[PDB]
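Structure, as structure tokens:
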Amino acid sequence: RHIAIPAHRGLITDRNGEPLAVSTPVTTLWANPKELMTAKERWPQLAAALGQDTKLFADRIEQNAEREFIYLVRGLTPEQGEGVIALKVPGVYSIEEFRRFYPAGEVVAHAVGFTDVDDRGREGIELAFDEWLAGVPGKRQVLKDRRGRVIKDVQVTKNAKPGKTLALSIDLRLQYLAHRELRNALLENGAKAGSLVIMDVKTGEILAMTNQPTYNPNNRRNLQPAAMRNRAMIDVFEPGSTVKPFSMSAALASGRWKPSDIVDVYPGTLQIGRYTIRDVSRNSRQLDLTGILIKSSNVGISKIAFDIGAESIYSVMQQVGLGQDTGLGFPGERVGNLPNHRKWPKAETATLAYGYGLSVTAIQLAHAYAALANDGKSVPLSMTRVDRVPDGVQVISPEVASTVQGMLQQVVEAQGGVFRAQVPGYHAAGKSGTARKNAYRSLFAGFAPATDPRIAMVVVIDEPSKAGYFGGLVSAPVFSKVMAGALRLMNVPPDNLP
Ligand SMILES: *C(=O)[C@@H]([C@@H]1NC(C(=O)O)=C(S[C@@H]2CN[C@H](C(=O)N(C)C)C2)[C@@H]1C)[C@@H](C)O
């Protein structure tokens, strides 16, 4: 009785108007088997025109002989569709439909996602913003005799309303740079999987989100399953040392600690009841707060955690969004877990403090660094272009955030620091770490320009079979290269000036 009139699906562009998902006209062929059944001699030419086996085609028509609508083929070009319609096969009609094509392809596959056969969002932005993008389908009334001769297509019951254009937060230029550099780093280190997230610290915008391995959304016939995984939003891990700047934020906000305060960590181990906290680097006695970060001392961070209490640490981590909902409403996005133990024994206090007491995603870690870089102000995450920036929330006092930024600038720039993360022409800040899932990931989280932050970035490189990945060796060089390129693409003035 009714045949739907598909609506033009809204265009998806990057933030600069570059096309990412385009509704393109296609011609679909359908048939009324009751009418096709009267023209059996035409079937082989029809089957041959559709590149279909004559018998498989005949069986399909015979098996559907009492039906009034079946699809023959979907998604042909207008010219191909016209050519078959030009054979004048009785009971064979055409529907002008729309099919999504993804011009940037594998470069932004997970972020954009894709639609199903019926042009409905199935993954990523296509799904998250399906109501905005879809539009309203039309309706046409088909009236036939008491069998299969089309008596009336009388009218169109309702016209189609097209979907709405959507500009993503993604900057395809930064996305391409991140994609290329993550693939390069994976090949260099013998790694197979990873993610790279770039964020605008002032606006909450996700400027880049790339996952390796990736896939071509235009050709989804039996791909590798690992390729489909949106790692940045789905791979949950214990962030480890990358959350020590948050434990430091709690220490500075407690009123008990100043950056020049000292902690004795010798001999790089600390016994707490039956348990032993151990530092990987064990060449220290007295360290200031910046030194605890540079040497990544678990003993140093744990002693501070015992002094200030785990409640203060848990609260900073919860306030910056670690193990919390992002509010993006992105399909398949995971939350992780930040356990609120209410009362923490010494062992749980220490493990929380050096980041093995919680599980987060790369997106949550990048959002947490954005808050720190944005002078302690958290702006809601956005996968769409943000024109009017929300007020956000002051989650870390501006004083504490500015102090920790300076400590992280020293982690990158000071003697003995993560020098492979330095960005020529700029001052940069960040912290390397080894994530845990035991499966490991090499991490670098940071932001730049260090003295007036604009961009936050997280690099996650998955550690294969055997260890040996140090975040400072593996992920830090990727941060340097992508950050150098992203700041220049954004015309951010160099801050490393005399
Ligand atoms: C945190 O993730 C763990 C520590 N964090 C780091 C780090 O700084 O990435 C280290 S590695 C330690 C510090 N610098 C040395 C280094 O980078 N190499 C010699 C290459 C060794 C620890 C793994 C923490 C939870 O133990």
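Position 1 is the first residue of the sequence, and the numbers go up from there. When a ligand or atom number is given, it counts from 1 through the structure's own listing order. Below, each value reflects all heavy atoms present in this structure, side chains not excepted, and no hydrogens, waters or symmetry copies.
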* Looking at ligand 1, what drug do you see? -> meropenem (bound form)
* Asked: What is the name in the PDB entry of the chain with the largest share of contacts to meropenem (bound form)?
  -> Penicillin-binding protein 3
* Can you find an N/O atom of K244 closer than 3.5 Å to an N/O atom of meropenem (bound form)? -> no
* Can you pull out the closest protein heavy atom to atom 7 (C) of meropenem (bound form)? Residue, atom name and distance to 0.1 Å, please. => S432 OG, 3.4 Å
* Asked: Any protein heavy atom lying closer than 4.0 Å to atom 15 (C) of meropenem (bound form)?
  -> no
* **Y356-meropenem (bound form) polar pair, N/O distance under 3.5 Å** => no
* Around atom 12 (C) of meropenem (bound form), find the nearest protein heavy atom and jot down its residue, atom name and distance. => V280 CG1, 4.0 Å
* **4.0 Å heavy-atom contact, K431 with meropenem (bound form)** => yes
* **meropenem (bound form): covalent bond residue and atom** => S241 OG
* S241 to meropenem (bound form): N or O pair under 3.5 Å? -> yes
* Asked: Can you list, by chain and number, the residues with heavy atoms within 4.0 Å of meropenem (bound form)?
  -> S241, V280, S296, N298, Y356, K431, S432, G433, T434, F470, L473
